[PDB]
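Pictured: Platelet-derived growth factor receptor alpha, co-complexed with sunitinib.
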Amino acid sequence: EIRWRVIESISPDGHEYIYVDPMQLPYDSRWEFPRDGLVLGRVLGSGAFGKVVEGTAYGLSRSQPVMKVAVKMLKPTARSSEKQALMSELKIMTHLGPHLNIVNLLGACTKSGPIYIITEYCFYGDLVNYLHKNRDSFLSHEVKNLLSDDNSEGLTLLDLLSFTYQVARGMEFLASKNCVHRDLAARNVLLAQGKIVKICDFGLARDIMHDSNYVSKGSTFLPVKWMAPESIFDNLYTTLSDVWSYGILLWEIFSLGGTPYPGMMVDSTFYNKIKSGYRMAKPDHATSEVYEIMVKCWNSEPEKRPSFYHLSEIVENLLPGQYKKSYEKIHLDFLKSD
Ligand SMILES: CCN(CC)CCNC(=O)c1c(C)[nH]c(/C=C2\C(=O)Nc3ccc(F)cc32)c1C
Ligand SMILES: [Cl-]
Ligand SMILES: [Cl-]
């Protein structure tokens, strides 16, 4: 099963959303890539129903003819409905199109054997792991030119703001396609060479059962600490509830990978506190301004939360003018790729 959902229509009220169904959408066979060409490496992440594997693609890209990529595939056991869910994920990726700040679809092997989804390889791994690895090196404080490069220096507040801006940009693209993530968290944000953040669903390769954050509910498991109240209590997911998750994500970022609501376990009294209006306090490294962003995203009234487009502007003003220049260039280069 896949978490991602694209909105097709809303009732006039509108208390009823209608989500596109992937199986309805057509798989463009242009994406097909010969299996022999692909080479499979060590497994990036393994879970209950499949895994993501590092790999190398030859001739997949005109720009880069020898490319390193991450491949998603189902386990052999391969329950038939799961096989459709992977095609579904593939169709959704095709429908959304590409963006700099998502893990992008590159190709697929669907014709003769297990289905393979080829995707961008993110050299630095998940954001949460990366923050933990660079925790001790953190100092607050031509620094701007280095930010969107692989050059080696201590993690700084500019980096954290760069991650913040890019995730917002990523959401805007997603929001702009009426796509609701429903599992936005630092564990679902990967980092690519050049320090480009890429939002993605880890779901098929990750196992929820082993992961501590997910809490059981009606035969499913929910990222409760990242969920807006309407998602918790009323089971409604919108772009506005993703904005809530984004605020929690910023807390993760500016606490250098801390667990949200530290010391608080998800129980009867937790739900009462979220319903009470409890919000987290400012994390240690959060600038006064960023915390204001977190608070705005945590508004109890969903329509009062800022739009993802709006957030990008707010973060852009917390960053030097040269950074936006550097991002626009990398934006164009990415679009010209291949
Ligand atoms: C750094 C230590 N890590 C274990 C804690 C192992 C190192 N590497 C890692 O974690 C790692 C890296 C470097 N990439 C991934 C996963 C993906 C990746 O890169 N692109 C993707 C695209 C799609 C996808 F679904 C997963 C990945 C991991 C888990
Ligand atoms: Cl855009
Ligand atoms: Cl731009």
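Positions are given from 1, in the same order as the sequence printed here. When a ligand or atom number is given, it counts from 1 through the structure's own listing order. Determination method: X-ray crystallography, 3.8 Å.
- Put simply, copies of sunitinib show up as ligand 1.
- The PDB records the biological source of chain A as Homo sapiens.
- Among UniProt domains of chain A, the one with most residues near sunitinib is Protein kinase.
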